[PDB]
Structures are given as C-alpha cells and as structure tokens.
S.K.: 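For discussion: a PDB structure holding zanamivir.
The lettering of chains (A, B, ...) simply tracks the order of the sequence lines. All chain A residue numbers match the PDB entry; in order, they span 84-472. Chain B is numbered as in the PDB entry; the shown residues are, in order, 84-472. Numbers in chain C come straight from the PDB entry, and the residues shown are 84-472, in order. Note that chain D is numbered according to the PDB entry, with residues 84-472 shown in order. Both counts, for ligands and for their atoms, begin at 1 and track the order of listing.
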There are 4 protein chains.
Amino acid sequence: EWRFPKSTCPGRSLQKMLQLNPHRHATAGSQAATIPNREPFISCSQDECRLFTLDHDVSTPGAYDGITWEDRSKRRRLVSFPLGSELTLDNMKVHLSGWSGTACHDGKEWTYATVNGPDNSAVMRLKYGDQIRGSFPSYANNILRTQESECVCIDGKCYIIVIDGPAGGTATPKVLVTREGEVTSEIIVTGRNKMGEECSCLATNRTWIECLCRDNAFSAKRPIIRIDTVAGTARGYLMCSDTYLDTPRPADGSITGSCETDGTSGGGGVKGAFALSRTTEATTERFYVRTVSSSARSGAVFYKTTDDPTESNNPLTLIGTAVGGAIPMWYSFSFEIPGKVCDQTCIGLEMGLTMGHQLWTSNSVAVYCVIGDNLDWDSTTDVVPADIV
Amino acid sequence: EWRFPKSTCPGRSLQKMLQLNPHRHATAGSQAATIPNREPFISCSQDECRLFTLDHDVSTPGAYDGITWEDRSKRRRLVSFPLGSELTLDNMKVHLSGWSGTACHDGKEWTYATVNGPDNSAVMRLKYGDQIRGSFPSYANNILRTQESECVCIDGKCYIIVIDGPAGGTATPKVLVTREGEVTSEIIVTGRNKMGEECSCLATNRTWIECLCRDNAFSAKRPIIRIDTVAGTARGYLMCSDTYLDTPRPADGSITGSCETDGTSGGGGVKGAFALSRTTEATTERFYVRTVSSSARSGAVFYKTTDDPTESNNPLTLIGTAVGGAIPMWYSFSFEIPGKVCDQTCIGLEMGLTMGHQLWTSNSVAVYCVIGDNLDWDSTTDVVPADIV
Amino acid sequence: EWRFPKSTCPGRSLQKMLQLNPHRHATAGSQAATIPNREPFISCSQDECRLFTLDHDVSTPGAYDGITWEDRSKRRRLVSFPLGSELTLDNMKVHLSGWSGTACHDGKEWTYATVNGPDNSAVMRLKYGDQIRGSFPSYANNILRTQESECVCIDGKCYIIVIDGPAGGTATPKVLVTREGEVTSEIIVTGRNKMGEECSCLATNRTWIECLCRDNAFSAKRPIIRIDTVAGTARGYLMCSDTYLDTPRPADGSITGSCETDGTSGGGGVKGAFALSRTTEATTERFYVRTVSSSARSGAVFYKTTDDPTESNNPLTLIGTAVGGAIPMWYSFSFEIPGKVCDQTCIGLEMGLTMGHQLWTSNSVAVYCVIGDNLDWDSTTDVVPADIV
Amino acid sequence: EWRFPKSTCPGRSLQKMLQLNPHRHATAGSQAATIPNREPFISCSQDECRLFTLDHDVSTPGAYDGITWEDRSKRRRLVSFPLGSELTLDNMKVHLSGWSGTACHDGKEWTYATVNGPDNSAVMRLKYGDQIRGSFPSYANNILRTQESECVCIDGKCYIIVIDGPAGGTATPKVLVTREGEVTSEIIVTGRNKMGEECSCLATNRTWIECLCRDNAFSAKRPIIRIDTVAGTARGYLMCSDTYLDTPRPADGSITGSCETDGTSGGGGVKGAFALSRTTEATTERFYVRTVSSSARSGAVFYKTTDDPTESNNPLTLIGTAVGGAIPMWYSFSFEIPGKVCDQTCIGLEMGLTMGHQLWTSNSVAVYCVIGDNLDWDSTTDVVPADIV
Ligand SMILES: CC(=O)N[C@H]1[C@H]([C@H](O)[C@H](O)CO)OC(C(=O)O)=C[C@@H]1NC(=N)N
Ligand SMILES: CC(=O)N[C@H]1[C@H]([C@H](O)[C@H](O)CO)OC(C(=O)O)=C[C@@H]1NC(=N)N
Ligand SMILES: CC(=O)N[C@H]1[C@H]([C@H](O)[C@H](O)CO)OC(C(=O)O)=C[C@@H]1NC(=N)N
Ligand SMILES: CC(=O)N[C@H]1[C@H]([C@H](O)[C@H](O)CO)OC(C(=O)O)=C[C@@H]1NC(=N)N
Ligand SMILES: *[C@@H]1O[C@H](CO)[C@@H](O)[C@H](O)[C@H]1NC(C)=O
Ligand SMILES: *[C@@H]1O[C@H](CO)[C@@H](O)[C@H](O)[C@H]1NC(C)=O
Ligand SMILES: *[C@@H]1O[C@H](CO)[C@@H](O)[C@H](O)[C@H]1NC(C)=O
Ligand SMILES: *[C@@H]1O[C@H](CO)[C@@H](O)[C@H](O)[C@H]1NC(C)=O
Ligand SMILES: [Ca+2]
Ligand SMILES: [Ca+2]
Ligand SMILES: [Ca+2]
Ligand SMILES: [Ca+2]
C-alpha cells in the first residue's frame, strides 16, 4: 500500500545509469522541439520513474528561448517526462505553474508542489493526483522556495522542506507534512536552523529522513536536517567533514573551530546531493558529490564515508571524478528508486549548458546509482552552446 | 461506479493550477506543429483530466491556418489532449466532427457531443465510448449549439444544455438527459427562459445542477439555469447581483428594476464561468469571473459571494485580477475534478491570440481552482501574434 | 470472452462521426511528418478502434514520396493508428510488410493479415498478437489479394475473403477460416463465384456474414457473398438492385436479364461498402454507398433498402449526397464498432488526393455511422495537392 | 509466472514479418528526427515486443550525427522502441548508457544490460525494471562486451554471454546467470572456448540454450555454445557444416581437418543468427543466415538443416536469398516471440546504410520468422545515403 523505506540493494560505489541530453538535437538541420530547462530532478513510483524539471513555456530552437536564464517568471512550470524519454515538446507533461518545485509518490498518488506568485507574496500549491489539495502561503514574504528535488513519503505522509527569507541572510526552513496533498502539520527545525535551501532528502532507515542542503549565506559546509517521522521533530546540523561540499569553498579543513562553526567566507552556494546504503535500522555508508573547482560550478567528484556526517570532521574518501573539471556542472539531486525487494539511491547531475550571462540556459542530466565497487566512467555532454540554433 | 457529486475540498479563493500555451512554440526557427483552436474546456474522469477544444483541421505554422477565425465549417472537430500535454499535432485526439461541443464522463465511459451540419439543419451527435449512440436534430433550424464546456453526469445520467434560434432574439434552451449517449428525455426550462447560450454547469449538491449562461440579446446579467435531477425539472433565472458578469455591460448596479429586469442594453455577450464550495446538501460559496473591461473581451477579475445569485442584488466581493486589463481574455469555463475523498471546482480562461479580424485566431488556457485564501498570481501569455510564423 | 454479433444500436440513417485529414498539415511552413497512404480501413476491439492503412515507408513532405501511387512494392506495410490520432510518423504502428491487408479482433487478440511477395508467388501471412501464426500461399499465382477492410470474427473464428487470378477475368474467391491466426479451413464459395475482390463484410445476425464485393471484369452489379458460420458454407450472389453500386456503371436499371445477368459492360470497378441494422436473427435495413459519377471515382451518395439485395431488383431509396460530385472519392469500407449493449455499423470513405498519374497519392478518411433519421452534412477535404510540399 | 520455453509454432521456412526503415524519413523536405543506430535487436515480453539498439545521442538530420560510425564512446546508450514504432526521437526510450548491450524479459520484469567505461576497465551494469541491480567488471581489461541480441530467461534466471580480451586473439567467454538483475553465478565455458563474440541465443528445449557466435580471430566456422540450465554448465563447439556462416570465409567445405579445426584463414567476422523449430524435449530443425558475399558484408541467404550442427559436416539446405548481394547487410540477430500456446523464433537483419569510412552510419531492420513452407520475398531499403540531409 503506502510507500516506506526498505533496506537498500547492496552496493559500494556509484556507477552510471543513463544520461539525457536533449539539446544534442537542437543543431542546424535538426527536426526536434527540445525543452530548455533548469533545476531537474527525478522521482519514482513503483510503476515508473519520471524526470521532473522547471521549464520556460518554450522550446529550442525558437524565438522566445532567450528567457531561459531567468529564475522566476510567469512562464515557468513544473513539467515531467517518463524517465528515458528525451526532453521534447511532445513527451512533456505539465503539472503546475511555478518556479520552485518538488514531487514525490506516496504509493498511491503523486504529490506535486510548486511555488507561484510574486517574490513578496508567493504561494506553494500542492497537487495530489489531479486536484490541488494543499496551499501554503509565504511566511517571510521573501521568495518562498523549496527543494528542487523529490520529497520523501513514508506511511502515507510526505515531507517537504521549504524556506523563506533573504538569500544573503538568515532564512528559517520548515518541514511541511502532507497527507493527500493537504498540509497537515508544520515541523519546526531546531538546532542549527538559520539556513538550508534546496535540500536533497533521503530516508536513512525505516522512520528517519536526512536532508543535505545549501547555506547560501554563512558557510561552505552544507547544512544537514534530520527528521524523525515518529516523533514528528526535525533538527538542523552543519556537516562537519573537512571535505566541504559547497561551491564556492575554502581549502579543505581550513575552517577553524567546532563542527558547527560557519567559517569566515560562506557566501553563495549550489544545490548538492548524496546517496547512501541503509538497512531498516541505520545508514551504513554515505556517498557525496561536490564540484572539482572550489570557486566555480565545474566538474563533479564523488566521495564516500561510513562516519556520521554531523559528528566527524574526518575527510571523506575519494571515489573519483564523475565529470571533468573543464565541464560545467551545476545542481545535483538525490533520489530513490523503490523496488519490491530492495530500494536504491542515486545522484543526478545537472550538466549546465549556456551561451552566457542572461542568454540561453539549459542542461544535460547524468545519473549515477549506488552499485558495484568502482566508478565506471565519467560523463560529458559534447554539446557546444554556440551550435544551438 | 457511477459518478456523483461529493462535498468539495475546502478552499476560500482561486489559485493558479497550470497554463497551456502551445503557440509559444510557433515562432521562427521552432520545430512544432501546434494546434490553433477556440472554445477550449476541460473535463475529467477519475483517471485523467483532458483538455477539449474545437480545432480547424490544421496546424500552425501552416498554409491553411488562416481559416482559424471561423465559427462554423466542415473542417472543425471536437478534439482533446491529456491535461498537461501541450497542444501539438501528435498529442491530439479527434472525437467528432462539428463546431459546437461538450463532453463529460459518467464514471464508466466518456460522452462526447458536437453539433455538425449547415446552420439551418444541424444535428447533435452523441458518442459514448467509441459508438455514436445519440442523435438530436435542430428544433428551431437556426444554429443548434451547446455549452462549449463539460456537461454534468449524476448517477448514470448526463445533462447537456442546448439552444437553437436567433443570436439576436429569443432562443429557447433545452436540457437533454442522456444515458450511455442516448437522449432519453428533454427537460423544458421554465421561468426566465428566452435565452441562455454556452452554459457553464456545476452540481450544487448531491442532486441539483446550476448553469451560468450567456444572454446574447437581452441583458448584461447572466441567465442561471437550475436542474433538479430527482424531479427532472429545470428553471431559468437571471443573476441579480449588481456586479454584472457579461461583456459588454453597463456600470454596476445601473440596471433599474427587479432582479429579472433585462435592462436597456444587453446585446452581445461572451461565455462566462463560475466555481463553488458545496457540501452534499448545499452550495456554501460561489466564485465568479468577468472581464476587466466593460466593453471589450479583455482582462479577468475574480469575485465571490455567499448569497444566492438568483435572489440577491448585493455586489459581489472582489478577489482580484487574474488577467490584466491589457490582455485579451475571451471565453471562460467551469469544470470539476473528481476525487476519491472530495471534489474540486475550477475556472479555465481562454486567453485569446489573434492577428485581427478574419485572420489567424487561437488561445492560451490558464486554469484556476478553488483552494487557499488569496489569489496567488495573475496570468500572461507573452505571445505576440505578429511573431507566429 | 469471444466477440460475437449483437443487435445493432437503433438508427435509420447515416450521420458523420469524424474525419482524418493528415495532409492538411503538409503545406509550406508546416512542421509535420504526415503518412501518405491508400486502402485505409477501420477495425475495433472492445477497448479501442484503430485506423489501418497501407503505407509506402515514407512521409510527406519528403524526397521519396513520389512512389505513393504504386499498388505493390517491397516498401508497403500494413500500419495502424489509434482512431482519432492524426496520421503522422510518430503515431504510426507497423504490423506487417505487404501490399494487401485486413485485420480484425476476436475478443482476445488482433489478427493482422497481409499479402507479401512477387505478383506470381505472393504469400498471405497472418499475425495473431505478436506472432506470425498463419501462412497461406498464392493458389492461382496471379496477385493473391484480400479485402482492404476488416475481417469478421465470430466465436473465436475469423473469416477472411481472399482472391487470386486475373484482374480482367475469372478469379475465384475463397473464405479462409482462422483460429488464433492459423488457417484452419478454406470454405469454397459456391453459386455466382467468378469474381469478388475487396469485400466489405458485416455480420447479418448471430451466425451469418454478408460481404459486398467488386467484380472487376464482368459486371457493374456488385457481387455479394454470404457465409453461414454454423454450417461452414459460403455462396456468391449478384446484387440485383437497379441501383448499380460499382463505378464505372451503365444507367440504373438498364442491364437486361435476370438478377444474375452480368450486363454487356462491367470492366473495371472500385471497392464498395455498406452498413446495416440487425437483430440477433435478421438484418432489417441496409445502407449503401456509390459514387456520384457513373464513370469516374468522384462523389459519394448514400442509399438504403429493407429488401433482400440478392432477390429484389427494386431501386434503392436515396438518403443523400455525402461527398459532392466534384470531389474525388475512391474506396469505401464497412466496419463495426462493438459495444457492451449494442453494436454499430459504419461506412468510411477514402477521399482521394493526388497530383496525377504516377505522382503523389494519398487520401482523407471520412466516417459515417448508422444513427439518427437524416443525413447531417456532406464532407470535403479542402486540400489542394498542388499545395503539398 | 516465470518465462520458460514452449514448443514452437509449426513452420518449415522463413517468411517476412515487417521492416523498420527510419531514414526513409531523413531526406530533403522531411520533418522527422530519425535515430541513427547500430547493433539493433528485438526482445519480447508476453505483452509487447521491443526493438532495442545502441544510439549515439543524436538524431538525423543534425549537425552532430557524423559520429555514428564509432563503436564506443560516452555518447552511446541502449535505447528501445515498441516494435512497429518507427525509430524517431519521440518514440525512443533510453535504458542505460553504454556501447554493448543485451536485454530480456523473465516473465515479470525487463533485464537490461550494457557495458560502459573505457576500453581497459569497462563495467557491465544490469538494470532490473527501474533499478541497477547488477554490476560485473571487466575481467581481462580489454573491451568487455556482450551479445548485441537478447539474452535468454528460463524459470526466473537469465543467461547472458560476455567476452573480454583481444579482438585478434584468444578471448574467453563467460555465461553470466542473473536473478532480478543480480549476477548470482558465472558459468565457465568448457570445450572449444577460445573465442565467441556477439552470441545469438535461443532455447533448444525446456532446459537447454544454444548460442551461435562470432570467432573474430581463428575461424570462418561459427562457435556454438550450449548451456544446460539444470546442471549449470556450458560447453563450446565449432559449427561443423561445410556451409561456413561467417564473413569473410573461404569456399564451402575447403577447410581441411576435423569438425573443430580452425582453418588457415579466419580473421575478422560478423555477428550471425539462427532460428529453430523445437518441441519441449528437442530441436527438430535449424534455420541459418549468412551473407551472399564470402568477403564483404553484403546480401543475406537463408539455409536450414535437421542435423546437429556440432556433429555433422553436411552442407546446409538452401532456402533462398532474403537480401540481394548488391545490398549491404551487416549484423543479424536471433529472437523469440513468446505466446500463450506456442513460441516462435525469428531472425532480424541489420541492413546497413553508410556514407563511408568514418562517416554517417545506421541501418534498416528487416524481420523474418519461422512459418510457412517457402521464402516469400527478399528485402530492400531504397535508401541512398547520399540523399540523407
Ligand atoms: C526560487 C529561486 O529563484 N531559486 C534559485 C536559487 C536561489 O536564488 C538561491 O538559492 C538563493 O536563494 O539559485 C539558483 C542558482 O542557480 O544558484 C536557481 C534557483 N532558481 C529556481 N529554483 N527557479
Ligand atoms: C455555434 C457558434 O457559432 N457559436 C459561436 C458563438 C455564437 O455566435 C454566439 O453565442 C451567438 O449565438 O459566438 C462566438 C463568440 O466568440 O462570441 C463563438 C462561438 N463559435 C463556436 N462555438 N464555433
Ligand atoms: C493487390 C492490388 O494491387 N490491389 C489493387 C486493386 C487491383 O488492382 C484491382 O482490384 C484489380 O485486381 O486496384 C486498386 C484500385 O485503386 O483500383 C488498388 C489496389 N491496390 C492495393 N490493394 N495495394
Ligand atoms: C564492443 C565493440 O566495440 N563491439 C564491436 C565489434 C568488435 O569490434 C568486434 O567484435 C571485435 O571484438 O565489431 C563491430 C563490427 O561491426 O564488426 C561492432 C561492434 N560495436 C559495438 N558493439 N558498439
Ligand atoms: C532510525 O534512526 C534513528 C536515529 O538513529 C533512531 O532513533 C530510530 O530508532 C531508527 N528507526 C528504526 C526503525 O530503527
Ligand atoms: C439540493 O438543493 C436543492 C435546492 O436547495 C434541494 O431542493 C435538494 O433537496 C438538495 N439535495 C439534497 C440531496 O440535499
Ligand atoms: C441468420 O440468418 C440466416 C439466413 O437467413 C439463418 O439461416 C440463420 O438461422 C440466422 N441465424 C440465427 C441465429 O437466427
Ligand atoms: C534438452 O536437451 C538436452 C540435450 O539433448 C537434454 O540433455 C535434456 O534432457 C533436454 N531437456 C528436456 C527437458 O528434455
Ligand atoms: Ca555556502
Ligand atoms: Ca448580453
Ligand atoms: Ca465492375
Ligand atoms: Ca571469423
């Protein structure tokens, strides 16, 4: 009936699943209406996985596709594609207008959520199946926004992290608890709770959820939020590892002080992601990604650890380079593929494609999952934005 | 088994669901065969919602798409798209030839209905699943025509409003009662019954239906038709509110006389729409739309009331502007999304796009549903018809 | 379980269902890969109807589409589209290579059949679901060929009419009886059996089938074949009505002699069609089509009769003109839409489109079904082949 | 429940099913995004058959499609199409990145497998439904590679042949045994086991599998591998027939020595295929293909035999020419269509299309299945690569 976390399929590394690269098909002579997009993620039911993303109400090639750099507009929508369908106009399914999104399947129906509206009075609407069942208005009136990756559903309840407030200062996250799309509860995040954008969330055992977030203002360490679904509580932490996962970031281990010390830099950031191995009682291994560059959104390197990331300052263990340092790599996202016997967690990579500042912008999506013993291959796009018609 | 009205999901305002905007993809360089269309509406089964519309047997760009301004021809068909699919040639499904349409799902099968034929001897055909099960010929031999929005099915019977007669004079509506597409009964509309085109209809409780119509000849007040499905009767009224909902219209409250007094103007009009909150016994709130302009089809403003619209001349309560006054806005339509626990009513807006008189004509469709506490955002198209190839 | 004929939904005329017109989308500026085709027909399961046709392994516009006039080649295939999908490359489903075809659903699985091979040694292959279960080689080694419309399945057995032999002389038809695609029996057609191409077949009651065919060599009267599925016998007749249904044809009633007298002309012909009303015991009304012109394939006129067409020379009763005489109209085909409570028979019209002799050739398909009391409207294409890119 | 081999539908020859030819639609004026590809094959579940192939992350026409000659890159993916859908961008479904592939359905879920990674450290990943359940790293670190045709699933276990090692020397094949995508066992191939690439495999009775392979280094005779699924053993043989099936090859019967003697030539080769008739206990007839030319990959000729191909040096019996000798014909592949009453085996032909060395490269796929008594027709492409835009 209801979705719930199982023990994960055994795996000791990350290996490539597939890649979607729609703008390979937007060159001279081509015959495709491709969908430029940003903030992609993947979410799955027991029947099918789907690639979700935020579009701009336009295809490429096309005269209007110059707006695709914008973060927020009346044009953007949360859309999705069956996973493995290329990202073309006829394959696209529109779910909700809005410019920040999340989605997750509870075992019976999809929940889709987007934020729509002006910056100072936006509203999250939650769609359950075909009906808008939930509505959650901005509480700090400064760009209400959510995960840009899948939410987590356990035992008929879904858990969504939202944040509202300045990009350059304190902004308090909230855990929304939904039931058939209705917001039935808000959970206050205690502990280290002054930031936490764009969380990538995965269940760590049968009843707990762990989210890896972005602190855009205070620290190059990523915030971590843990949710106890039985107690209905949430606590924020700062990831303690010397291997800082945000971009931009200082040299590894150079932040002086306790685990929860911000550091002197910390402005700016990017959505990050992780994967894991777990039994029904505990997570036994974690897998992390960060950029190759400590200053630009370029490259992707995988790491792993068997320590608790909220307690240990130990450096992470290098897995290898999944995207070379010369290749733009922007957001990454966590997701889980449910199975009848075991679950599997994965990391998707937003390989960015752009003609430049305030010009055409989109991506290619590469997917790696927890399986095997060594990284198999790195990913490239072989798309030159200059070649896009 | 059979569809029947449930209590609606709680909601105190209208908030945006999604928007379809196919002709964003018909610009120079684009690679899409988009479907120009008019009189769109949405109807849902428990499985899926669908966007229905009347096409012209052509795509845009294309050499033949200059006929898309015509109301009636041998080219038009009732077609549909899964809701959320963009309106392209490969996504389209053709149901019936004809130039006035409606459709509704009874819980087991779709009923589709169109009027086909010459102006003076048209015929409504009703398709149930894959078979044409019903046929209803013109009774006044002057453009038989129907709702251009979904019909209402209760307990295995579907209710369709048709009208026949002059656009500028008395034309008597009829309620057709269908069972598996067969017209089993005609219900005579008593009361105020001299006009009533293009009705948008919703169940007001377990057994009654209310339709909001267009009087093209006599009044800027909209006619309202109520159907008692148990008694098998229908009665027409004139909406009494000072906030007149048709276009063109005089200043609010300036019509002198009783609730049912026409007023001195009243020629012309446009299809209108409403939404509601209801329990199984009674409607508890109504939501209305009208244009911003009192003379042109431009803009869309939402209103609400807890009064009976056939009894109260009280002004409606402003919700806010859903489409700015500088933006063409033509038809609007009511529809209902059925759910397993509650139903939800919505209003769709036909945001018109045209190069001018007897030139290319189509639209974008924005959808708002009853949910939340304040209007979230207004809608735009950002399509300039001059840019369409 | 198994498909079997029910009493037909009540109806006293033919009225338009829909029309497919893919080459409206093949004009300058258009963005569609349309499928040029000939010999279309429709066949239905209880789930969906499908438009079948014979393609040429090409789309229009395209450099190779000049071969679309050919009757037989290694390029042609039996393909199909969900009924209501427009005839584009991405909507097409390929079933079998070959240049003469038929298909019918027995209640459990589709049977598809085509003839493939050279003129002097062609082979019919029969596909049941996904497997080729049947094979029937040419028996006269002179263009084995079949109905170009749906076969008829009763009680798990399907009935297919095939013919082999000269187009200008005696060619003996055979009734093939199939079970899960395997040819289990050949039925010898007795009586008037020297011709009978391209039969359109419908059940006339619970256990009998009637086929309306084309005599390409001897007569402007159409041959009729009746099959008794219980006895497993078939007998050929000549339609006796003064209203001769083939093209070309002499003036009505001018053939002198008995019902089975050929007449002095009779060379050439075209596939024809009929529809009917029936109970479980007997057919009570028949509906026929023929061209407007007695010499060219142009126009379509509907007729009806309550007489036995193998016994009565009475003229048929005019219903009206479904396609005007200035409009090319080639093949027509019979088909039946099964229902849970009643069945419905229909006639489809191949409205031909061509640039001329040995040039680009395709069609538009208009569908009329037995319902109502008067013909609703005639059909046009509004496609000028000169405009096709 | 689980898939297992049944007796095959009776048939004594090979006859054409269908052909897919997407690049007929890539000519001047055409409107299709076609998918250039190589190493196609077909695999079926009880619900549907699917055409699998290895793409290049590009469509034709398009600026990037010049890489389509490459064997291995970071661009290639195992993709599939419902069998009968033409090979266009919107019809394509991406399963796994990689440049050597196989897939097979066990009765419950699809298993997909590809090899990804650099030549010296590639990794096979196995996807079961939506999850990557298996991982198998290169064991000789010299281009791990697999069948390029469907694997065989019996009683919940699937059997995949892999090889690793030099293309010009000894390379040891391994039989991988999978259960829900997990590699549970490796079976050592005994006997003649120094080569065996690109095996086409079919069950020969209820419990045994026979694979027809390519020896790229030692012999023009094809290796044959038999798997006993009950004992869990595999043994390699050399096909003994004087009618040598590989290309290039010496004159028939001119290899001097025993059945297992290599011969003095033997360098180079091509993937080959066979089909069969079987009961639940034994194979009763085998059908083989080879090229017309003994030196180039051109043409296709069918043969048959009732002898054991590992024991008899008897020449095979000619069936006839399926593709004329002037037409390029590259890989061929075995596959089986499961049925409820009987199974059917088939051979697909990769009819190659290329502009030349290190230029655009793709194919057309023709399918022949075991049915009937004589070959019905040969196949052509009528695609001139010079005409491709
Ligand atoms: C709601 C919103 O606009 N979110 C922004 C996000 C945001 O600016 C930062 O996290 C600071 O708050 O940054 C960026 C980014 O690329 O850094 C993309 C996101 N765009 C979208 N999700 N449409
Ligand atoms: C059957 C028919 O032609 N209905 C007309 C409708 C009609 O003219 C008026 O209501 C007056 O009767 O007006 C208009 C309109 O835009 O005002 C569109 C509709 N077009 C279509 N439904 N095709
Ligand atoms: C097998 C075959 O070629 N059948 C022909 C058919 C035939 O020539 C006549 O009936 C005389 O035998 O005529 C014509 C026609 O338009 O008259 C189309 C059919 N074309 C196809 N079914 N491909
Ligand atoms: C893994 C790999 O590259 N396999 C090659 C294959 C291989 O080179 C030979 O068998 C020698 O080992 O040959 C060829 C070929 O056309 O001969 C295509 C295959 N290409 C692909 N399967 N992508
Ligand atoms: C999951 O982990 C948390 C934190 O360690 C623990 O409190 C909880 O009991 C665990 N749940 C189960 C079902 O073991
Ligand atoms: C619905 O409302 C009508 C009008 O007020 C009323 O007559 C009828 O009884 C109501 N139906 C139910 C089931 O309460
Ligand atoms: C169908 O009609 C035929 C011919 O009139 C007749 O012989 C047969 O009995 C009828 N079948 C049934 C079931 O009535
Ligand atoms: C299948 O054939 C093999 C080899 O001849 C034989 O050993 C085995 O017993 C056969 N299986 C069955 C089920 O007959
Ligand atoms: Ca930061
Ligand atoms: Ca009015
Ligand atoms: Ca004739
Ligand atoms: Ca060799």
S.K.: Which ligands or chains belong to zanamivir?
M.R.: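 For zanamivir, that's ligands 1, 2, 3 and 4.
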S.K.: Which chain accounts for the largest share of heavy-atom contacts with zanamivir (ligand 4), under its name in the PDB entry?
M.R.: Neuraminidase
S.K.: Hey, which other chains get a heavy atom under 4.0 Å from zanamivir (ligand 4)?
M.R.: D
S.K.: Is it true that D/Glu153 lies under 4.0 Å from zanamivir (ligand 4), counting heavy atoms only?
M.R.: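 Per 4.0 Å heavy-atom rule, D/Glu153 does not contact zanamivir (ligand 4).
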S.K.: Output yes when the distance from some N or O of zanamivir (ligand 4) to some N or O of D/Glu122 is under 3.5 Å, and no in every other case.
M.R.: yes
S.K.: Could you check the entry and tell me where chain D comes from?
M.R.: Wuhan spiny eel influenza virus
S.K.: Within a distance under 4.0 Å of any heavy atom of D/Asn299, pick out the atoms of zanamivir (ligand 4) and give their elements.
M.R.: 11 (C)
S.K.: Which residue holds the protein heavy atom closest to atom 11 (C) of zanamivir (ligand 4), what is that atom called, and what is the gap in Å?
M.R.: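 Answer for atom 11 (C) of zanamivir (ligand 4): D/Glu280 OE2, 3.3 Å.
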S.K.: Taking both backbone and side-chain atoms of D/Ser183, is any N or O found less than 3.5 Å from an N or O belonging to zanamivir (ligand 4)?
M.R.: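 Between D/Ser183 and zanamivir (ligand 4), no N or O pair is found under 3.5 Å apart.
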S.K.: Covalent bond partner of zanamivir (ligand 4): which residue and atom, or none?
M.R.: none
S.K.: Give the residue and atom name of whichever protein heavy atom lies nearest to atom 7 (C) of zanamivir (ligand 4), and the separation in Å to one decimal.
M.R.: D/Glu281 OE2, 4.6 Å
S.K.: Measure the distance from atom 2 (C) of zanamivir (ligand 4) to every protein heavy atom, then report the residue, atom name and distance (to 0.1 Å) of the closest one.
M.R.: D/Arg155 NH1, 3.9 Å
S.K.: Does D/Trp413 have a non-hydrogen atom less than 4.0 Å from zanamivir (ligand 4)?
M.R.: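 No.
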S.K.: Taking 4.0 angstrom as the limit and counting only heavy atoms of D/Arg228, give me the atoms of zanamivir (ligand 4) inside it, by number and element.
M.R.: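 The list of qualifying atoms is 1 (C), 12 (O).
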S.K.: Would you indicate which of D/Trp182, D/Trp152, D/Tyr414 comes nearest to atom 15 (C) of zanamivir (ligand 4) when only heavy atoms are counted?
M.R.: D/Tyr414
S.K.: Just need the protein heavy atom nearest to atom 22 (N) of zanamivir (ligand 4), so name the residue and atom and give the distance.
M.R.: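 That would be D/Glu231 OE2, 2.8 Å.
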S.K.: With the threshold set at under 4.0 angstrom, would you say D/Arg121 reaches zanamivir (ligand 4) through any of its heavy atoms?
M.R.: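 Yes; D/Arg121 lies near enough to zanamivir (ligand 4) that a heavy-atom distance drops under 4.0 Å.
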S.K.: In zanamivir (ligand 4), which numbered atoms sit nearer than 4.0 Å to a non-hydrogen atom of D/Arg380?
M.R.: 15 (C), 16 (O), 17 (O)
S.K.: Identify, by atom number and element, the atoms of zanamivir (ligand 4) in contact range of D/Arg159, meaning under 4.0 Å from any of its heavy atoms.
M.R.: 23 (N)
S.K.: Any idea which protein heavy atom is nearest atom 20 (N) of zanamivir (ligand 4), and the distance to it?
M.R.: D/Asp154 OD1, 2.8 Å
S.K.: What residues, by chain and number, sit within 4.0 Å of zanamivir (ligand 4) when only non-hydrogen atoms are counted?
M.R.: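 Sure - by heavy atoms, that gives D/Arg121, D/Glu122, D/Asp154, D/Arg155, D/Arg159, D/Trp182, D/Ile226, D/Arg228, D/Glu231, D/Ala250, D/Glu280, D/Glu281, D/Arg297, D/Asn299, D/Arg380, D/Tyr414.
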S.K.: So what's zanamivir (ligand 4) close to, N/O to N/O, under 3.5 Å?
M.R.:
{"from": "zanamivir (ligand 4)", "atom 1": "3 (O)", "to": "D/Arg155", "atom 2": "NH1", "distance (Å)": "2.9"}
{"from": "zanamivir (ligand 4)", "atom 1": "10 (O)", "to": "D/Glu280", "atom 2": "OE1", "distance (Å)": "2.7"}
{"from": "zanamivir (ligand 4)", "atom 1": "10 (O)", "to": "D/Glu280", "atom 2": "OE2", "distance (Å)": "3.4"}
{"from": "zanamivir (ligand 4)", "atom 1": "10 (O)", "to": "D/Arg297", "atom 2": "NH1", "distance (Å)": "3.4"}
{"from": "zanamivir (ligand 4)", "atom 1": "12 (O)", "to": "D/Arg228", "atom 2": "NE", "distance (Å)": "3.4"}
{"from": "zanamivir (ligand 4)", "atom 1": "12 (O)", "to": "D/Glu280", "atom 2": "OE2", "distance (Å)": "2.5"}
{"from": "zanamivir (ligand 4)", "atom 1": "13 (O)", "to": "D/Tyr414", "atom 2": "OH", "distance (Å)": "3.3"}
{"from": "zanamivir (ligand 4)", "atom 1": "16 (O)", "to": "D/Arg121", "atom 2": "NH1", "distance (Å)": "2.9"}
{"from": "zanamivir (ligand 4)", "atom 1": "16 (O)", "to": "D/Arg380", "atom 2": "NH1", "distance (Å)": "3.0"}
{"from": "zanamivir (ligand 4)", "atom 1": "17 (O)", "to": "D/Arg297", "atom 2": "NH1", "distance (Å)": "3.3"}
{"from": "zanamivir (ligand 4)", "atom 1": "17 (O)", "to": "D/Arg297", "atom 2": "NH2", "distance (Å)": "3.1"}
{"from": "zanamivir (ligand 4)", "atom 1": "17 (O)", "to": "D/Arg380", "atom 2": "NH1", "distance (Å)": "3.4"}
{"from": "zanamivir (ligand 4)", "atom 1": "17 (O)", "to": "D/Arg380", "atom 2": "NH2", "distance (Å)": "2.7"}
{"from": "zanamivir (ligand 4)", "atom 1": "20 (N)", "to": "D/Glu122", "atom 2": "OE2", "distance (Å)": "3.3"}
{"from": "zanamivir (ligand 4)", "atom 1": "20 (N)", "to": "D/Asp154", "atom 2": "OD1", "distance (Å)": "2.8"}
{"from": "zanamivir (ligand 4)", "atom 1": "22 (N)", "to": "D/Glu231", "atom 2": "OE2", "distance (Å)": "2.8"}
{"from": "zanamivir (ligand 4)", "atom 1": "23 (N)", "to": "D/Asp154", "atom 2": "O", "distance (Å)": "2.7"}
{"from": "zanamivir (ligand 4)", "atom 1": "23 (N)", "to": "D/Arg159", "atom 2": "NH1", "distance (Å)": "3.0"}
{"from": "zanamivir (ligand 4)", "atom 1": "23 (N)", "to": "D/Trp182", "atom 2": "O", "distance (Å)": "2.9"}

